[PDB]
Amino acid sequence: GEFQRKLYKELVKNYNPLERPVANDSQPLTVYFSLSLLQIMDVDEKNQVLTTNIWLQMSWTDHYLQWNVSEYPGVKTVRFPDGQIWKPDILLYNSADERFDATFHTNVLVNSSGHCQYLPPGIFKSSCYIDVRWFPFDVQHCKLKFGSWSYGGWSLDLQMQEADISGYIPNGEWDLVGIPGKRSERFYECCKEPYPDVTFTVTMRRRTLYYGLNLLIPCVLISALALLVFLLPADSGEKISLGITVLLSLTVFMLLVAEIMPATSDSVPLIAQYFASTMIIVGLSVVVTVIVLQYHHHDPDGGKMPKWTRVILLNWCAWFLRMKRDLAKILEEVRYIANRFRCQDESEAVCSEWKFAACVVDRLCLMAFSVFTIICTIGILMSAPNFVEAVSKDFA
Amino acid sequence: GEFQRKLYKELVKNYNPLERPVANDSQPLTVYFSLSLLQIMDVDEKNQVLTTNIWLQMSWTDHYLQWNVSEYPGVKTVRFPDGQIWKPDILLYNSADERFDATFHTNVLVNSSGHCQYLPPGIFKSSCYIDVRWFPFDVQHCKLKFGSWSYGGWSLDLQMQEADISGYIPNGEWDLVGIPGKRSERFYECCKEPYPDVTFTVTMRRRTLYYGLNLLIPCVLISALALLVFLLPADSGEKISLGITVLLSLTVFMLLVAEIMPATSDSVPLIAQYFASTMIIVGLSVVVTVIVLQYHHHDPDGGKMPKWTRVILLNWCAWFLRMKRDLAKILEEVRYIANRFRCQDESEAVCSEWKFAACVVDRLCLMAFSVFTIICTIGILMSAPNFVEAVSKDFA
Amino acid sequence: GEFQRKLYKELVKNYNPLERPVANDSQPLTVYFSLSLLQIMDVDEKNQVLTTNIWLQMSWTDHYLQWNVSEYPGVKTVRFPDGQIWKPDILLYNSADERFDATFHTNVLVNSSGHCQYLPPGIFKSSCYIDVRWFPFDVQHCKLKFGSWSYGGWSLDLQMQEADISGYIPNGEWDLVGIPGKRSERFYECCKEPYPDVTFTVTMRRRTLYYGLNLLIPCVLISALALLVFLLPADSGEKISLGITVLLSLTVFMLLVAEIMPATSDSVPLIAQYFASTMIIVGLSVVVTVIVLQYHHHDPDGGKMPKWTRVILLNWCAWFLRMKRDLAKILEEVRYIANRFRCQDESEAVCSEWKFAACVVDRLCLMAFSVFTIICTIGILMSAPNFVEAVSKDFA
Amino acid sequence: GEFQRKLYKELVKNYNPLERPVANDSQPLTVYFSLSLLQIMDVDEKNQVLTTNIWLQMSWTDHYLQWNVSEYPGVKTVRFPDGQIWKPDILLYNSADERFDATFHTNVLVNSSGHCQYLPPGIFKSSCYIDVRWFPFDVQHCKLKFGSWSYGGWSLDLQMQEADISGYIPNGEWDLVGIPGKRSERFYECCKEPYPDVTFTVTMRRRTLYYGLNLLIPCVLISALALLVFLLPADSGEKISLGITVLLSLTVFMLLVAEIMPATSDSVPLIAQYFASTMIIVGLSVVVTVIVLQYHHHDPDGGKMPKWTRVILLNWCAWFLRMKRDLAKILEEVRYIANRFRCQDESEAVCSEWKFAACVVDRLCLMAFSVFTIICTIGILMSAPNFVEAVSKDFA
Amino acid sequence: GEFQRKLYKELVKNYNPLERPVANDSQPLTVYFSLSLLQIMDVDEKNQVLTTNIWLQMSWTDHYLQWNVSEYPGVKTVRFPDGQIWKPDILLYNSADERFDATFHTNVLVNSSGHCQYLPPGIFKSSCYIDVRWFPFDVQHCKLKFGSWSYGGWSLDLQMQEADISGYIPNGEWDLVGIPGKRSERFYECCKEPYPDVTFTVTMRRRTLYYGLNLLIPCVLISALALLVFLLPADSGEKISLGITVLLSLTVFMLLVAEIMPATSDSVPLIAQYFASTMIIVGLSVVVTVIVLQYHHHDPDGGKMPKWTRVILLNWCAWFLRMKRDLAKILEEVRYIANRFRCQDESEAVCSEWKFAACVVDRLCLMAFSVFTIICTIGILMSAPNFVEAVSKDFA
Ligand SMILES: O=C(N[C@H]1CN2CCC1CC2)c1cc2cccc(Cl)c2s1
Ligand SMILES: O=C(N[C@H]1CN2CCC1CC2)c1cc2cccc(Cl)c2s1
Ligand SMILES: O=C(N[C@H]1CN2CCC1CC2)c1cc2cccc(Cl)c2s1
């Protein structure tokens with residue numbers, strides 16, 4: 001229309017985009033900064049970066065962009081693109097990405113009385129600190145530091161508005177708790193400029209259904225089969241075969257885990273200790289099995305038990321586990337044959353109790369290793385704080 | 001020509017690209033928005049993004065870009081590049097990508113009467129929600145939210161036209177069902193501006209031939225060999241060897257699966273339950289085999305059956321499975337030799353029935369584990385909705 | 001020089017880059033479009049994109065960029081950068097990449113009589129259809145659709161010139177066959193504008209030496225060792241050990257293959273069927289071995305053969321394979337000892353023929369499984385079209 | 001305000017951004033360059049690049065950007081964007097990235113007396129030299145070369161200020177030691193221009209808790225089980241089974257290691273030697289086991305010991321390890337039976353000492369291989385310099 | 001200063017950046033092109049691209065950028081940014097990257113007499129041909145084609161200067177040999193324009209310490225253990241177990257190798273043949289072991305040797321390897337017992353020589369397979385040209 005064309009001509013008349021729109025060059029310009037979280041794109045522990053899709057709202061007041069409604073009746077608001085009107089230089093301080101702005105400058109709405117609002121969308125990649133302790137059951141606090149880069153305390157008075165979460169599109173992996181904020185001003189090394197800033201911190205809780213079922217559940221089941229060695233009879237030459245196959249089949253899990261675990265020397269993660277515990281329990285099973293096996297094939301008539309094994313593994317431990325354990329030359333020739341058989345029976349009896357001792361050790365170690373696994377798995381998981389709420393929410 | 005050069009000079013005379021081309025600054029400008037799907041580039045479940053190659057069509061009416069055909073006979077249409085004429089700021093609301101526009105501004109056609117049409121091509125990366133439940137047999141609905149960013153209800157009246165699918169170049173992985181749309185206007189927190197938008201939703205069905213043959217078919221075959229342990233004789237020291245090798249060879253499948261499965265704690269995927277079922281069936285086979293093995297090498301003369309095994313596994317279960325099961329000193333020396341052989345026969349007979357009990361258990365568990373696998377594999381697959389149509393289309 | 005400086009001043013005088021350089025605004029401008037293939041960067045089956053490094057040649061005639069050689073003797077040609085003279089908007093229709101142009105605008109040569117030629121280099125990422133059937137022995141046809149975006153039939157008459165392949169730098173993986181082209185014009189949904197285009201199709205043949213030697217050759221060799229189970233004696237408790245280790249060692253190949261195979265449900269690839277055939281042949285070997293093993297450790301005196309096995313595996317199949325298969329009490333005590341030995345001999349004879357039956361089955365299955373593998377491997381490879389030429393070229 | 005609008009108009013009056021702001025064109029312009037390290041993004045050994053998030057500070061003095069405070073009372077400082085005032089062209093010399101600047105030009109503060117300061121933020125990817133020797137316990141020195149590109153010694157006198165580390169946000173993987181710097185000027189091949197530069201070197205120490213626990217600790221434990229072969233009795237046919245399974249299960253570690261190790265032929269890394277030592281120790285265990293096994297199943301009555309084994313492995317080594325090791329025809333028939341049994345006893349005795357020799361070798365090799373592993377693991381780790389401080393800090 | 005401000009004003013007066021700075025428009029402009037290699041970023045065989053960080057030097061003479069030193073005493077040189085003075089359009093012809101220039105336009109130095117020099121830094125990604133034959137011991141020649149894009153022979157006379165390598169920062173993986181160059185002009189299809197160019201070829205030698213130690217050394221060691229099967233006694237049921245475990249553990253190496261090997265069907269790489277040789281040697285070991293095993297468990301009394309084995313493996317091969325290899329009824333009952341034992345001895349003797357034949361074959365195959373491995377490993381490595389220099393440099 002003729003009024004819109006006319007109004008745009010006075011508005012850009014003698015206008016300098018490099019100038020603060022303050023009427024008096026002695027008072028700071030009040031700028032209201034807010035934030036709207038639309039979704040959490042991804043949280044990557046390896047690079048310790050946080051990708052979020054958010055909206056920004058910068059609102060200030062202009063003095064030269066004012067006009068009377070009566071003179072121009074039809075038009076009420078005007079829009080100016082980037083590079084034609086003064087805008088605040090508020091930007092993310094972290095900005096862990098190649099290009100540092102990440103704001104996608106759009107049109108800037110202008111009031112009928114000079115109140116200018118700016119609503120740019122962008123995808124931000126901030127530098128967060130992923131404290132990976134109690135990894136499946138961890139809560140992360142990520143900060144977003146926003147503030148002006150060239151305007152100090154007396155030039156741009158940065159104010160704060162509460163963050164908006166109307167429309168969040170939940171990720172499904174991380175459960176958002178809340179996004180509080182804070183406004184403060186600090187003194188930097190360069191200058192005597194007190195620089196205000198707005199720091200929005202994001203608190204999110206990691207869901208545990210995927211990690212618990214795909215990682216924690218198989219570990220208990222695989223470790224259970226390593227406990228099944230003591231139930232196999234020693235006759236079947238198969239004890240070490242299943243003893244070492246489970247160990248080989250269980251080292252593969254940290255290969256997946258280490259691909260996700262950041263290589264940070266802050267603290268030993270809970271998942272790292274739990275896997276390490278399974279290494280030792282399965283590893284010590286093979287060592288015990290070797291001791292059991294040599295008790296079976298002891299090659300008798302080559303050394304008797306030192307009389308401590310006859311009383312420990314056959315009287316004390318056994319009670320606990322309810323084991324309950326021309327004719328003259330013809331005669332001489334037959335004499336040797338029967339005596340040889342008699343000596344074979346004596347050797348068999350000596351070897352028989354050697355095998356029974358191995359059975360006692362196997363059964364004794366089964367009870368000892370079983371209670372170790374029960375308290376090791378439970379004890380580590382119980383130690384994690386807020387473990388109960390995650391189970392009560394994700395699982396139950 | 002001289003007419004084209006002349007016409008371009010009046011057209012750009014006193015023209016402001018920042019002004020809405022409405023003749024009266026009281027009525028909204030009617031803008032027709034449509035869409036044309038050219039192909040689906042890729043659907044990624046891990047990042048929950050949808051990459052599509054589409055075309056856009058924005059058509060509106062201009063008031064200052066009008067001329068008489070008689071005055072300029074040769075020229076009928078003119079084209080203006082970006083930044084020289086007013087264009088709507090319609091953009092994708094989701095825009096899950098670094099740069100937010102993704103439109104590749106091109107020349108804008110102009111009528112002889114002021115009807116301006118704009119047809120920019122681009123590759124869009126929207127943020128979709130991949131509900132991964134019944135993963136091989138899932139249907140995904142992806143939304144595309146388009147609308148103006150700075151013009152409200154009274155400024156830009158956004159209209160809708162039906163989506164165009166003339167030329168789709170089918171992906172081969174996802175089967176397109178349809179792309180319906182909707183026009184609505186909502187109230188936002190910033191302003192009293194009712195903002196219209198056009199939301200095009202894309203419904204696609206995942207094809208199952210690749211996932212069924214490369215993932216589902218081998219799982220049945222590998223689980224079948226784990227069922228073959230009960231057919232192996234216990235004499236060959238090879239039962240646990242094949243019992244645990246199949247288990248080791250079958251854990252590798254979720255390694256491929258987890259690399260594709262998004263780590264979302266929304267619901268347990270169908271493929272996750274089916275793999276978990278195979279874990280337990282194969283895992284319980286090793287536990288049963290250990291019980292069977294200790295029934296074989298029972299070391300007789302160390303405890304008889306409690307008289308419940310003589311009647312259960314030898315009379316009840318066996319009937320079900322059709323098993324059907326100087327001279328005086330010379331005489332004394334020969335007396336011991338024959339008696340020793342007689343005692344060996346008695347011990348062999350006792351051990352013989354111990355081995356037969358193990359054979360009954362093996363055969364009994366073969367029948368029980370077979371029907372479990374048949375109903376577990378079928379039962380999980382039947383539970384998925386629209387399973388029949390995918391088989392009737394992709395396979396048959 | 002003074003003439004070059006003077007000439008540039010009249011040339012840009014009253015020049016509008018938005019105007020078609022036609023002298024009469026009623027006839028289309030003839031634009032000659034060609035192509036020069038410099039190399040094929042990469043063909044990716046997963047994303048179905050084709051990356052090529054090519055050159056473009058757009059040549060048209062300008063009316064305002066003309067001058068007399070006599071007036072300016074030294075200068076014969078002039079060059080204008082992008083944004084200063086009118087250029088056609090020909091662009092790739094597919095453009096499967098983030099930015100859509102991929103042309104790297106350079107200087108544009110200008111004749112002494114107005115004939116303007118434009119030779120921009122670029123790397124193009126078109127969207128091809130990789131029909132992966134007979135994957136090692138496949139020929140792919142990739143199209144490149146070029147045409148104007150804003151100028152119709154009556155505005156820009158797009159012509160065609162033959163593609164140039166002078167200098168190709170062969171890739172070494174794909175063998176180029178030829179690059180023919182076509183010029184046609186179609187009617188689109190938007191407008192009554194008949195839009196001409198030039199479609200250059202690229203035909204390339206995949207070389208087979210790498211895929212044949214690294215993938216096809218090991219498969220035959222590994223499957224051969226799975227056939228070696230029937231030659232192992234049943235006494236050595238090692239038949240299932242090598243039966244299942246080969247199967248475990250052979251599942252790893254599709255892990256490499258599936259990483260290359262696109263997940264397209266168009267048709268079952270030849271390499272997929274060939275691997276699936278090896279699964280069944282190796283898988284059925286373990287099933288046969290279990291049947292053979294239970295024929296060995298049959299535990300005699302627990303059931304005789306049903307008299308069909310005595311005649312089938314011992315008379316019919318065996319002929320085919322050339323198998324050819326006080327004193328009174330002293331006497332009574334010795335009577336039992338000899339009779340016990342006699343009964344042992346009878347039991348050994350019964351078990352002896354049980355073992356021989358297992359040997360016959362093993363040898364019989366070796367002949368049957370051998371011919372199956374020979375015709376399965378050859379039969380699948382022969383079915384692929386143009387298999388002979390690839391072997392005659394890549395190998396021989 | 002009116003004063004800010006007025007001041008900006010004289011400041012940009014007759015101003016050339018291509019001109020050095022020196023009042024006299026005979027003296028170099030003094031530019032103060034500093035640096036502020038905010039965090040270390042990532043150190044990648046494969047590409048030998050160092051990604052850091054740092055801030056820059058370039059401060060110089062301008063002669064034309066001066067004004068009187070009395071004339072313009074309200075305004076004290078002004079800001080000019082890029083491309084409107086002269087700025088130094090200081091840039092990173094290494095710049096191992098696609099775009100070479102990586103500075104994100106921002107507003108430039110201006111004094112009331114002409115002192116201009118410039119504080120651009122950016123993420124820099126310099127080309128470092130990762131000397132990977134003693135890899136878990138290494139200290140890296142990375143250089144950052146900054147200097148002007150077009151201004152020589154007499155044009156831009158580049159000065160140096162101490163680096164700032166107020167706020168570092170420690171990475172958790174690398175421990176920062178310090179960031180010293182240096183200012184020097186060199187003569188280049190192009191010109192007689194002495195070019196000053198500022199080289200900031202970054203010294204960081206890699207933390208060892210993650211690499212020690214996830215890589216070094218399992219290696220000792222896995223190598224311990226390879227040492228357990230000599231404790232297994234030779235009767236259980238399981239020595240090679242555990243001998244070769246550990247070797248198969250231990251080759252997988254360099255697969256993870258080689259994925260991290262850069263392929264640089266500078267020196268053999270400490271982790272490479274330590275893994276290579278474990279290869280030989282585990283590998284030689286299988287060779288020894290084969291020698292031990294053939295001493296067990298020696299098939300007696302086929303060769304006696306050469307009388308050196310009777311004295312070495314049975315008298316010398318055994319003492320070290322405390323081993324301590326009608327009637328006539330009736331008579332003739334019984335004569336053979338007893339003599340046959342007597343010959344069996346003699347053969348058993350000969351085979352008995354053959355088995356005992358294998359037991360001595362097994363035990364002897366257990367002592368020899370144990371001390372080898374203890375000194376090989378400790379000896380390699382001790383050789384690394386500053387090994388003690390890393391253990392005293394990261395672990396203790 | 002006032003002189004610098006004044007000089008810049010005449011210099012840009014009536015200056016056209018589109019014009020060649022030649023005083024006479026009949027002679028070509030002499031442009032000197034050189035190169036400085038700073039480092040080799042990476043050489044990637046899969047994509048056949050070469051990433052290098054180099055500097056360029058373009059020097060020409062300008063006619064309009066001249067001034068008298070006396071008139072302007074202080075200033076001696078001036079700098080003009082991109083887009084304000086004429087510059088040559090020399091660019092890399094290969095440019096295997098998204099953006100085609102890769103030059104990072106900087107300030108351009110100007111003499112006091114018109115000699116203009118241009119020194120832009122950049123990271124170039126050229127398209128090289130990696131002839132992967134004798135892969136660990138290969139030398140690659142990579143070309144860099146530089147030349148003008150729009151100026152022909154009579155317009156821009158491109159000259160050449162020797163490449164500079166003062167400061168190379170050796171990569172550590174590739175050993176630079178030299179960078180020679182060449183200047184030539186060719187006739188293209190478009191035009192009668194003879195286009196000069198400068199082609200700098202880079203010759204680099206790959207270092208072998210990393211590839212030799214991490215890949216070649218383990219292959220010899222793993223193949224050695226596959227040769228240890230023939231030393232294992234056949235009694236221990238463990239020959240196939242170690243025979244097939246080594247084969248399973250050795251297929252994993254090409255998985256790493258194929259991830260590095262480009263899929264080019266040019267020639268069979270040396271590393272491919274060496275791995276293929278190890279496949280057959282290890283593979284044939286299992287086949288021989290099966291033949292040996294069936295010679296052990298021959299089940300005697302079921303066929304004698306054909307009298308060729310008695311003379312070949314027991315007389316010829318054995319000599320080579322130094323093997324050296326009421327009363328009447330009482331009497332009748334004892335008669336059978338002794339005769340049964342006598343028949344057992346005869347059967348044992350027949351089986352004894354069957355086992356000895358297997359021992360001869362095992363030992364005979366050990367000698368034959370050992371010399372095969374020695375000449376196969378050495379023979380392949382010796383065939384590679386310049387193998388000796390790499391060992392003499394990288395290793396010794
Ligand atoms: O209403 C809005 N944005 C709409 C206006 N335009 C049209 C649709 C929407 C996006 C652009 C709002 C955006 C933000 C951002 C940060 C903080 C707050 Cl409190 C708000 S409220
Ligand atoms: O001759 C040429 N290009 C040269 C001219 N300049 C200098 C060297 C070369 C590149 C730039 C040609 C380029 C093309 C492109 C497409 C089709 C055809 Cl038939 C041709 S012929
Ligand atoms: O001297 C130089 N470059 C310095 C000048 N400026 C300041 C420091 C350096 C980089 C910019 C040189 C650069 C090149 C490039 C190619 C060939 C040659 Cl023979 C040379 S000589």
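Each chain gets a letter, A, B and so on, in the order its sequence line appears, and its residues count up from 1. According to its header, this structure was worked out by electron microscopy, 2.8 Å. All ligand and atom numbering here is 1-based and tracks the order in the structure. Side chains are part of it too, since the values below use all heavy atoms of this structure and drop only hydrogens, waters and symmetry mates.
This structure shows the largest set of contacts to ligand 1 coming from the chain UniProt labels Neuronal acetylcholine receptor subunit alpha-7. Among the choices HBY 097, EVP-6124, R-econazole, SYR-472, what corresponds to ligand 1 is EVP-6124. Other chains making heavy-atom contacts shorter than 4.0 Å with EVP-6124 (ligand 1): A, B. Applying a heavy-atom cut-off of 4.0 Å to EVP-6124 (ligand 1) picks out A:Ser34, A:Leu35, A:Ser36, A:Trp55, A:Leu56, A:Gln57, A:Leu119, A:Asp164, B:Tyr93, B:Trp149, B:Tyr188, B:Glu189, B:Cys190, B:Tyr195. Looking at chain B and EVP-6124 (ligand 1), the transmembrane segments (UniProt, N terminus first) with a heavy atom under 4.0 Å away come to none. Checked against UniProt, the Ca(2+)-binding residues of chain B with a heavy atom under 4.0 Å from EVP-6124 (ligand 1) turn out to be: B:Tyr188. The source organism field of the entry for chain B says Homo sapiens. By number and name, no other ligands or ions lie nearer than 4.0 Å to EVP-6124 (ligand 1).
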